[PDB]
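Below, a PDB structure including fosmidomycin.
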Protein chains: 2
Amino acid sequence: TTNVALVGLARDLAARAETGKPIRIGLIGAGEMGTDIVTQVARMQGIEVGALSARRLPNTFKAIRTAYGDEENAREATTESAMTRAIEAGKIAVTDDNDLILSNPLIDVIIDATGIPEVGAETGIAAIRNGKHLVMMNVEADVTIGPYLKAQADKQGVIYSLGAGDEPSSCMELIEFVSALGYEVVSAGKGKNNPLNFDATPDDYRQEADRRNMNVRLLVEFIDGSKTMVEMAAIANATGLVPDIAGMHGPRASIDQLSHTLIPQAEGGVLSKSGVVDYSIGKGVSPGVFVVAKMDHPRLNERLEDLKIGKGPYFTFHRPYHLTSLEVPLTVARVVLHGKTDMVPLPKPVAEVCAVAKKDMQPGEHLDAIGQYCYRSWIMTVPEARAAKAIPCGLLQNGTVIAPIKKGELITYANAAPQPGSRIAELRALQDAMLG
Amino acid sequence: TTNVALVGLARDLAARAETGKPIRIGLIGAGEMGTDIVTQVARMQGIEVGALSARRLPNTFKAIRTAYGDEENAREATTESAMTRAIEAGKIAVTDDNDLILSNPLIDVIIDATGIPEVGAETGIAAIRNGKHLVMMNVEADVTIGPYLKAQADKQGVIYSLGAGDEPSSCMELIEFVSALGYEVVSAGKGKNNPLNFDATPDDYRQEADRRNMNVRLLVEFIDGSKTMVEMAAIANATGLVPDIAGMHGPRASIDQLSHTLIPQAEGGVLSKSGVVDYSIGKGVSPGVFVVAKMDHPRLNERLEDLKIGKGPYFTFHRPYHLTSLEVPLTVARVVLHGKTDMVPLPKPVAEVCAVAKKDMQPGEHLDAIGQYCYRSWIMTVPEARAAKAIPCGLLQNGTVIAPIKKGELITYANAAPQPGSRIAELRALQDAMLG
Ligand SMILES: O=CN(O)CCCP(=O)(O)O
Ligand SMILES: [Mg+2]
Ligand SMILES: [Mg+2]
């Protein structure tokens, strides 16, 4: 199929296949991301989906039919013996009970692809308790309780990673390159073609969501900035880069303008200092990620100028693609074959994803969910978040409004209360104790 | 300096530095590329230049003065005991005797940065004979005798690699990624901003060479196509990708047109078949390298289209930079720390860099050198090369014309004779005997 000789990670995956025992993924969630992963794995060597769960059993069969064209690879399992039988018979065992997957002895690595943060919290800690590696796609959960999950993974001798293919992990590839070379990372982040619309709600997008089948919440959280705030917080929390101002600058800049824009004001850009996470509004940046780096030696500056990388001392490194869920099996391969993580949070977070009201709300109302009507994410430094008593955005779904809140106002422990009994609130309390 | 926490390779280098015994490079050649490597290593952790040689000892001191601003780090050594003392004192030992570097017990890896293929052949086999890893920057030598060097490296238990940062090795990063994902590699290569000029000579470039203080042969070999032929042959001989036609198509195509141009004729492109090395003439491809890949599943096509990566089933993956000599220390780090090569030739070459005359020549004339007046490189498949009895281009410097040759004609064992005594012709004979 590939037309090429096997090299690097491809060759390692071919050698694994030759052992007769593939790397086996337990995949939790059969929606769009999950369905993508089944499809992607079916063309790789040495890596298989052993079992697939969803809240409703029909969805597992649906994912598998979309991947293969029919449901013949699927076999329902309601017990461990049935599941292990199915896997050894070369079937994908399907179930609506996540615990059968999380506890099966043949499963090497867990991927949660449900897009539900509370669920990413629940399944993540259970995967670690059961002695399985854990590949996290729920960035909303990672930026809330990632440090805690990583510490628990270390105690059990397993690996925790964000999955490759999304902007934060793609951007870590560039960051590792620039910093291994000893260069200053001035700014890093992602682009957007068009201005954000912070007032967006599902009323503006229901029509498009319906025609494209897709979850209207995704459009909304994309357009209102929330996903951008979350992705940039994950980069910050893995590096020590910080937002320069709450919400970031988000200037207008094409790909060719980043290196004169997301740089210090002293050198003509918009930043108060070097070492930031930010994003741009303009052409040619998306669908990838970037790092603006500085050169510290005149010879290195000259060499990059001769190669037409730019005009120094600031230079833009672009990765012009990210394939989302399709890259996540490469993380699985590196984790199991090489014992390497693609991306972990630092022990001490430097940014918090906070939230701002999208409309006026009164005491007794409930906050809804990201990508809906009540609030949108807003990145702050930890010290500014704490000073303002901001509630982490991952805690807010179905939270209670306790004092009047006006449009544009920060959501805080003074004006709202999270549902106290969430797994995610419980794990975040444990994280806060561990840090203190 | 970097503004970021240590991750990945950057972390592995810092951990090496904490052992107090850095990875030590033996660097042969104090000119431009060698001076770049001294400068670049000086900003990194865990890796140092232990020793540096040049034909004329003053040029070692000159390279050191450029990198550091003074010669305090240099110490002259003409014996093993003096070189080892200098390295232990934290100096870069400088010498005019390559054999001292090739045989010093404290040197881990050899890099030949002279740009002379004969010397890359000579120091290459010597490095391997002395039990040292070998990073080759001389792509002209690698395409001539690489399979032999690789086989001898394997016999000695050391690693052979092309150095990162040049088009062939940068392109291998993309090929590894697409092929690990199970995707079809349709075409791979590099771009040039402007059309080739096959008739170029140093007469045309002496003013640019003079004002840029650079070797006029490098401009000529760039413009007349020779460097592109060599670089594409390296990719082909590492992958099994082949030139579609002798010389390659080299169509007019911007970055945004690659995926409708370097694809099969049946789908509107220029190629007779999928699985090729080629290049483009047009805007936005250089500096950098590309792979055109094909999707063979509707869901994968649909995901790449929704991400705006292109319109399927063909998609362009671009790495919009390559830093030349600056990335070579990354190869050195991967080789020593992880035992991984960045790029090796396959055991059976599929392409040959041959040569065509730039002017009419008479029996008894000598061929000059690449980037001068007499000849320019031209990629062919191995079977076509053999059928024409073509001489590998790397063997031709100072060769003798034995039958009349017309401008544009292939140089073959029927109309020319290499200098027989070269280490490079001697090693090539051994490669041919190994492959017989
Ligand atoms: O991984 C994919 N994305 O982040 C796309 C979400 C749209 P945005 O880039 O507008 O937040
Ligand atoms: Mg994303
Ligand atoms: Mg090159």
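Letters go in sequence order (proteins before strands), and every chain restarts at 1. We count ligands from 1, going down the list as the structure has it; atoms in each ligand are counted the same way. Heads up, header says this was done by X-ray crystallography, 1.8 Å.
Tracing fosmidomycin through the model gives ligand 1. Taking the chain with most contacts, the partner of fosmidomycin (ligand 1) here is, per the PDB entry, Oxidoreductase. Other chains having non-hydrogen atoms less than 4.0 Å from fosmidomycin (ligand 1): A.
The binding-site residues for fosmidomycin (ligand 1) (non-hydrogen atoms, 4.0 Å) are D166(A), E167(A), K190(A), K192(A), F222(A), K227(A), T228(A), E231(A), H322(A), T324(A).
In terms of protein heavy atoms, atom 4 (O) of fosmidomycin (ligand 1) is closest to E167(A) OE2, 2.6 Å.
Shortest contact from atom 2 (C) of fosmidomycin (ligand 1) to any protein heavy atom: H322(A) NE2, 3.1 Å. Checked by distance only, fosmidomycin (ligand 1) and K192(A) come closer than 3.5 Å through their nitrogen or oxygen atoms. Every atom of fosmidomycin (ligand 1) with a heavy atom of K227(A) under 4.0 Å away is listed here by number and element: 11 (O). For fosmidomycin (ligand 1), the atoms closer than 4.0 angstrom to any heavy atom of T324(A) are 1 (O). Residue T228(A) approaches fosmidomycin (ligand 1) through these ligand atoms, each under 4.0 Å from one of its heavy atoms: 11 (O). Within less than 4.0 Å of fosmidomycin (ligand 1), the structure shows other ligands or ions, namely ligand 2 (magnesium ion). For atom 8 (P) of fosmidomycin (ligand 1), the nearest non-hydrogen atom of the protein is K190(A) NZ, 3.3 Å. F222(A) CG, 3.5 Å is the protein heavy atom nearest to atom 7 (C) of fosmidomycin (ligand 1).
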